[PDB]
Number of protein chains: 2
Amino acid sequence: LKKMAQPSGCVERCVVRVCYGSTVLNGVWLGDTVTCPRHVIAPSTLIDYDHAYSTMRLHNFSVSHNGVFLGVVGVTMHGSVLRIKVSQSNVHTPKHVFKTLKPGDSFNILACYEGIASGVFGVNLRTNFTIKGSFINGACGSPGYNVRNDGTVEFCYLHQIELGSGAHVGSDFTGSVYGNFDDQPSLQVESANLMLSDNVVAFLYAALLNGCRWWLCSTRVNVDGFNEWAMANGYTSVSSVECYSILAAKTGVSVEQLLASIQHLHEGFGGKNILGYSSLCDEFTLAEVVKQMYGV
Amino acid sequence: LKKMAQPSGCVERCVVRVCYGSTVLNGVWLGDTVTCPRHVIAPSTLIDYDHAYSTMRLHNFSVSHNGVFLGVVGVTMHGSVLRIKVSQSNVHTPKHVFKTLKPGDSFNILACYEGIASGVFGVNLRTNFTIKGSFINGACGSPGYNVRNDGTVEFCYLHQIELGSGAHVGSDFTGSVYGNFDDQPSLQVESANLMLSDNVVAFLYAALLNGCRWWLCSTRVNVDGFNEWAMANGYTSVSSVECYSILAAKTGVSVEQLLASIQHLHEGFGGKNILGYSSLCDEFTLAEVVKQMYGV
Ligand SMILES: Cn1cnc(Cn2c(=O)nc(Nc3cc4cn(C)nc4cc3Cl)n(Cc3cc(F)c(F)cc3F)c2=O)n1
Ligand SMILES: Cn1cnc(Cn2c(=O)nc(Nc3cc4cn(C)nc4cc3Cl)n(Cc3cc(F)c(F)cc3F)c2=O)n1
């Protein structure tokens, strides 16, 4: 079990550099539209974006891909993003949709600087709607994506800000900020994360499939009992036993046995480890475990 | 800190599917040459590769890029790889070199199946010359690479085998197997992994720069003394001190203090953690720490 990213080639071909005056960040070029964070039009300064938008000048923009400049034709503002119409369509536009992530969803970040990709990594949207990425100044507008089995790219995230805690906040392509954080320099404090119980169950199945079984409780707790316990101990509710059927069928271990195991392991591993982890891991989804173990 | 891969697009355009008889793995297409593990010509049985090569027939090969089949013109064997000449050059061959890794080198893996990339991740060549990837059956031939600052791709790894431990072994593009394992289905056991001290020093500097300093020793241990201790305690030598000077200056902490700190912490943290880790982390190189925190 290793956190991986899906290959980045099809997304690299969509990253552009967006400049407005002296401010530079990343945008995503699809068809004849570049989407980027609206912070690119912020003054050097609480930002009044409505006023910055009303006094915008199109000739103040510079949009470029690999040093080649695209002609800017028009700009509209949608929530926390801009949609910049350009006079040229991206001939490497992949088959794509736009998807809004939910907590517990895994996705890929292509970390970009000045319109050029530098790194790719997998992340999980947490219950407080932040991610734990690695970004420095200039990463604003870095895209997050998933690639479906048929090849369709789901565009799901545009990087916005780093919180005081180090957590990372982005928007979707409609302009909604995940978690409704402000795209402003401010002292906002995210609420505390819960452990993603769905991912912990997937992790324990992966441990069973790698021979690691010292932790397995003999007895069971049902979903209703676990969910009552989860609410009192910083865990999310578990969603439907039936979705784990493939891993339950391959291990002979029911979800209820793992729910009971989580209750035990919450109080500590006691000098032992599970796949090299010293506490429970909610980093991997059921789909990731199934893909990495079986290719499905 | 996040382990990440460099963008994979330029390598994706070189991945091919190589088939000989019923055996299918991955290769890398550069110019008019495909390099792949020689296991593709193994019979279905201790493999006599010299005999398999002498009886090889070019018509048994099939080589394709994204489902487009390439004509096979000639084949030579070089150590544990084949060099397959095809009837056209890859028009997307990136500027590139071949480089043989040394233990402690980080690089990127593009995990491929049937000539199609499915995931990308960063790894470190360990002192026992294995890596800890995530690979299932069909990953043979998956390439490892690094991208230089000037854009030159260093091709450095072709995936070969998974040992009983789960550890992964590959070759370089000259055909030398890392660690001189055999490209045979025999039982082989790698030597004990040593903690990469250079990476642990980088990790402790990252902690200091993040305000985590509960563990810091005022004691100093010089390089020579640390290296003698390291021998007897599962650690590599520390290679040098001066490369850390930028981080030593920002923190006011000498490398020799961090060597003393490693000796203080090598058995465990008690109940405490460092950047979320419950034991010392050797995942991150100095270059990665400096790049991810300062963009250098
Ligand atoms: C450490 N870190 C991790 N993620 C981030 C994201 N991020 C960013 O990359 N850049 C930001 N400010 C800018 C400065 C610029 C200087 N030039 C020349 N051009 C610049 C462009 C930007 Cl966007 N910010 C700050 C920030 C970005 C916003 F979108 C926002 F609404 C409020 C903010 F305070 C930033 O967080 N940094
Ligand atoms: C679980 N895992 C992780 N990494 C690996 C690497 N690996 C591999 O992907 N495939 C292998 N055997 C093949 C079977 C095939 C069936 N078909 C239809 N085509 C096949 C092609 C291969 Cl290569 N092996 C085994 C292996 C591969 C070698 F290169 C070698 F020299 C000896 C070996 F025993 C394998 O390890 N599996």
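The lettering of chains (A, B, ...) simply tracks the order of the sequence lines. Heads up, chain A uses the PDB entry numbers, so what you see runs 3-47, 50-300. Heads up, chain B uses the PDB entry numbers, so what you see runs 3-47, 50-300. Worth knowing before you read on, the calculation uses all heavy atoms, side chains too, and leaves out hydrogens, waters and symmetry mates. Whatever order the structure lists ligands and atoms in, that order sets their numbers, starting from 1.
- Counting heavy-atom pairs under 4.5 Å, the chain with the largest count for ligand 1 is, by its name in UniProt, 3C-like proteinase.
- Selecting from pirtobrutinib, ensitrelvir, emetine, nilotinib, the compound at ligand 1 turns out to be ensitrelvir.
- Other chains whose heavy atoms approach ensitrelvir (ligand 1) within less than 4.0 Å: A.
- From the protein, the heavy atom lying nearest to atom 3 (C) of ensitrelvir (ligand 1) is A:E166 OE1, 3.1 Å.
- Within the 4.0 angstrom cut-off, atom 11 (C) of ensitrelvir (ligand 1) has no protein heavy-atom neighbours.
- When heavy-atom distances to ensitrelvir (ligand 1) are checked against a 4.0 Å cut-off, A:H163 comes that close only through its side chain, counted from C-beta outward.
- Only the backbone of A:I140 comes within 4.0 Å of ensitrelvir (ligand 1), counting heavy atoms alone; no side-chain atom from C-beta on gets that close.
- Backbone and side-chain nitrogen or oxygen atoms of A:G142 are examined, and one is located within less than 3.5 angstrom of a nitrogen or oxygen of ensitrelvir (ligand 1).
- Of all the atoms in ensitrelvir (ligand 1), the ones that sit under 4.0 Å from a non-hydrogen atom of A:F139 are 1 (C), 2 (N), 3 (C), 4 (N).
- Near A:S24, meaning under 4.0 Å from any of its heavy atoms, are these atoms of ensitrelvir (ligand 1): 18 (C).
- Using a 4.0 Å cut-off between heavy atoms, A:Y53 contacts ensitrelvir (ligand 1) through its side chain alone, with no backbone atom that close.
- Near A:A143, meaning under 4.0 Å from one of its heavy atoms, ensitrelvir (ligand 1) places the atoms 9 (O).
- Residue A:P39 places every heavy atom at 4.0 Å or more from ensitrelvir (ligand 1).
- Counting heavy atoms closer than 4.0 Å to ensitrelvir (ligand 1), residue A:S84 contributes nothing at all.
- The shortest contact between atom 7 (N) of ensitrelvir (ligand 1) and any protein heavy atom is with A:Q164 O, 3.8 Å.
- Distance check for atom 24 (N) of ensitrelvir (ligand 1): every protein heavy atom is found at 4.0 Å or beyond.
- Regarding atom 32 (C) of ensitrelvir (ligand 1), its nearest protein heavy-atom neighbour is A:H41 CE1, 3.4 Å.
- In chain A, most residues contacting ensitrelvir (ligand 1) belong to UniProt domain Peptidase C30.
- Protein heavy atoms are found inside the 4.0 Å sphere centred on atom 28 (C) of ensitrelvir (ligand 1).
- Protein heavy atom in closest approach to atom 19 (N) of ensitrelvir (ligand 1): A:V26 N, 3.0 Å.
- Residues with a heavy atom within 4.0 Å of ensitrelvir (ligand 1): A:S24, A:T25, A:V26, A:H41, A:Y53, A:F139, A:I140, A:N141, A:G142, A:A143, A:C144, A:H163, A:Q164, A:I165, A:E166, A:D187, A:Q188, A:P189.
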